[PDB]
Amino acid sequence: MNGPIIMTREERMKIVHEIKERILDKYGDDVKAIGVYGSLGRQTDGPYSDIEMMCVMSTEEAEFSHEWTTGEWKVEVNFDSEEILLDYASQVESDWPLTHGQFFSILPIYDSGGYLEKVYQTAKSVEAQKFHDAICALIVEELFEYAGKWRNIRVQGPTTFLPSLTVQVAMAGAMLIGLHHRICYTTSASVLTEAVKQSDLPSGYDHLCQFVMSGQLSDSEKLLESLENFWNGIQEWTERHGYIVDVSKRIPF
Amino acid sequence: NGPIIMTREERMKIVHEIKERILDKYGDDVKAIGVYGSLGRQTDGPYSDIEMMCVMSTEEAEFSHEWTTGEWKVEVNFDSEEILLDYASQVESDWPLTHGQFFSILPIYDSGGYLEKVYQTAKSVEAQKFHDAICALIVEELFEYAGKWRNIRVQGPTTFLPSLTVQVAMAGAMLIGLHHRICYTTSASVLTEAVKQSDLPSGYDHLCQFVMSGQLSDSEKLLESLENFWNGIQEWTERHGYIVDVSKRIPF
Ligand SMILES: NC[C@@H]1O[C@H](O[C@H]2[C@@H](O)[C@H](O[C@@H]3[C@@H](O)[C@H](N)C[C@H](N)[C@H]3O[C@H]3O[C@H](CN)[C@@H](O)[C@H](O)[C@H]3N)O[C@@H]2CO)[C@H](N)[C@@H](O)[C@@H]1O
Ligand SMILES: NC[C@@H]1O[C@H](O[C@H]2[C@@H](O)[C@H](O[C@@H]3[C@@H](O)[C@H](N)C[C@H](N)[C@H]3O[C@H]3O[C@H](CN)[C@@H](O)[C@H](O)[C@H]3N)O[C@@H]2CO)[C@H](N)[C@@H](O)[C@@H]1O
Ligand SMILES: Nc1ncnc2c1ncn2[C@@H]1O[C@H](COP(=O)(O)CP(=O)(O)OP(=O)(O)O)[C@@H](O)[C@H]1O
Ligand SMILES: Nc1ncnc2c1ncn2[C@@H]1O[C@H](COP(=O)(O)CP(=O)(O)OP(=O)(O)O)[C@@H](O)[C@H]1O
Ligand SMILES: [Mg+2]
Ligand SMILES: [Mg+2]
Ligand SMILES: [Mg+2]
Ligand SMILES: [Mg+2]
């Protein structure tokens, strides 16, 4: 295969409706709804964009996907029962701002009973405690661990890992901001650009992203200084907004 | 103040305190306790964290405790024997990054060779699972990455190119690790160990130099390096028989 080729929006929609016809032929009355998400669902797909579709099934324990390429383009179709999809849409993980824009993206092509609207309503009505818990977990599970990794790099290397680690920290900060503002990023390319347009950023985040977005990640000393400043801004930011975790016990169970 | 400097001896004081707490709370439901990660290999650095794994007799047991004291951080995983053995034999795209855990285990408590059984399962995974994982990685990740950087070339934004290049270099390291059935030591050594492997895809080493040095500001040279690597993938997969099915427009 020659990799992804240039395709028009008209050609991608022709593939979508061919897939819709095959889905309806194969699964029949078990198909509750079919939608397009991603850049094609918003009709902002570029020349090399891929195709992603979702399907709501009546069958229980239905949870499978077909993801393939023809050599020229690539398609991903997810099949989930209504209960599995609604449960997934109301769970807030650390990468929620990156995954759950799909449920604010849906272009319905087939819907037998407002199922896609019910999915959208569920995803947008998640109670605030779930975001609070996810933010506190993100600090412990990812950010604290990253700080140990770059502090280890400072004292024992290797600096060849620092550029990759810096990108990962900037992405983790984008998740932190996305959970706080309850915004889902449009595409992977817009994660950092949209994260730095949000108000009330932790101190040092925008400066750190400037290194990552510009690609100037060769000055290891300035990166470590930028990472520590971001880490300091995190601790001030979390206390100011009340994302406080009790850390007083050596063993909390 | 973030993670503080700690010695290996101090980390082993914490490991054995947690072991006693696990045995007191869960009692006879504990089959085995081990340390993995850098502490399990006894190569932990001054700021390294602590990760432990526990084998439980309780059916469907699958939970974790992950916390910080403000000075250090600990993660303890609790899994039933069946859940752990199934996970140890399952090969995902990030297998070379995740499953070194099962080649790291420092046993602390074991009532019946359970940690050794997990180790045997992880090292005896069927070769076909790596073949399938490689083909899936190409379709699900690398092909998607190629579309993203080709979109960047024609419409931007180049502000995503440095992060995307890091992700492609990491994916290529997973590809090499899956082919050689090797698990990387730590996340910091993934790229350095990946370029020391024999039979790399053409263009991979050149792409990794940009990522390891941090020189990711030349968007034109990065896009050229990415295309060469992408071209080298097709020669590489054909050479090893990692053939991707492209015959169906709709494969269901
Ligand atoms: N434990 C055995 C198996 O683990 C799986 O989860 C795997 C994976 O999702 C999970 O990843 C978890 C995350 O989720 C969680 N939100 C934060 C946590 N730090 C992270 O932990 C993992 O990633 C860290 C680096 N970022 C590593 O330092 C750490 O040692 C590693 N356990 O760790 C597990 C592998 O170690 C499944 N739970 C289940 O199939 C089974 O229980
Ligand atoms: N479908 C609803 C839910 O999706 C979950 O999976 C989520 C996630 O793991 C999964 O990620 C899958 C991977 O796995 C698979 N190995 C490659 C595939 N490209 C990727 O797809 C996802 O990541 C891509 C970006 N790299 C996106 O382009 C794509 O739109 C997105 N669906 O996509 C889902 C979120 O979009 C669970 N399967 C299940 O809880 C339930 O089915
Ligand atoms: N790593 C990720 N994992 C899961 N979903 C993601 C994701 N990154 C982005 N998304 C969500 O899944 C949708 C499609 O993801 P992608 O195909 O990776 C980029 P896109 O938004 O479709 O534009 P593009 O493919 O033309 O570049 C996004 O619109 C977004 O809602
Ligand atoms: N994303 C990931 N998911 C699951 N396991 C991972 C993982 N990344 C690395 N690992 C596994 O979990 C172990 C511990 O991971 P980490 O704590 O993140 C780095 P380490 O190997 O312990 O050295 P360090 O903590 O001193 O930096 C790794 O050795 C590896 O076996
Ligand atoms: Mg897309
Ligand atoms: Mg996609
Ligand atoms: Mg560790
Ligand atoms: Mg760890």
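Lettering: A, B, C, ... assigned in the same order as the sequence lines. In order, the residues displayed for chain A correspond to 1-253 in the PDB entry numbering, which applies throughout. The numbers used for chain B are those of the PDB entry, and the residues that appear cover 2-253, in sequence. In each ligand, atom 1 is the first atom listed, and ligand 1 is the first ligand listed. Heavy atoms only: backbone and side chains are in, while hydrogens, waters and symmetry mates are out.
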### Task
Give the name from the PDB entry for the chain that makes the most contacts with ligand 2.
Kanamycin nucleotidyltransferase
### Query
Looking at ligand 2, what drug do you see?
neomycin
### Task
Give the letters of all other chains that come under 4.0 Å from neomycin (ligand 2) at a heavy atom.
A, B
### Message
Hi! What's sitting within 4.0 Å of neomycin (ligand 2) if we only look at heavy atoms?
### Response
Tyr37(A), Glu52(A), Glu63(A), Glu67(A), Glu76(A), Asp80(A), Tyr88(A), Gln102(A), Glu141(B), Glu145(B)
### Query
N/O to N/O below 3.5 Å, does that happen between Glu76(A) and neomycin (ligand 2)?
yes
### Task
Give yes or no for whether the N/O distance cutoff of 3.5 Å, strictly under, is met between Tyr88(A) and neomycin (ligand 2).
no
### Message
Can you check atom 14 (O) of neomycin (ligand 2): any protein non-hydrogen atom closer than 4.0 Å?
### Response
no
### Message
Tell me whether atom 9 (O) of neomycin (ligand 2) lies less than 4.0 Å from at least one protein heavy-atom position.
### Response
no
### Message
I'd like to know if atom 26 (N) of neomycin (ligand 2) has any protein heavy atom within a distance of less than 4.0 Å.
### Response
yes
### Query
In the entry's source annotation, what organism is given for chain A?
Geobacillus stearothermophilus
### Query
Could any protein non-hydrogen atom be found less than 4.0 Å from atom 23 (O) of neomycin (ligand 2)?
no
### Task
State the atoms of neomycin (ligand 2), each with its element, that fall below the 4.0 Å cut-off from a heavy-atom position in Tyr37(A).
30 (O), 32 (N)
### Task
Would you check the N or O atoms of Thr99(A), main chain and side chain alike, for any that come under 3.5 Å of an N or O of neomycin (ligand 2)?
no
### Query
Can you find a protein heavy atom under 4.0 Å from atom 6 (O) of neomycin (ligand 2)?
no
### Message
Considering both backbone and side-chain atoms of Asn78(A), is one of its nitrogen or oxygen atoms within less than 3.5 Å of a nitrogen or oxygen in neomycin (ligand 2)?
### Response
no
### Query
Are any of the N or O atoms of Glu145(B) closer than 3.5 Å to those of neomycin (ligand 2)?
yes
### atom 17 (C) of neomycin (ligand 2): any protein heavy atom closer than 4.0 Å
yes
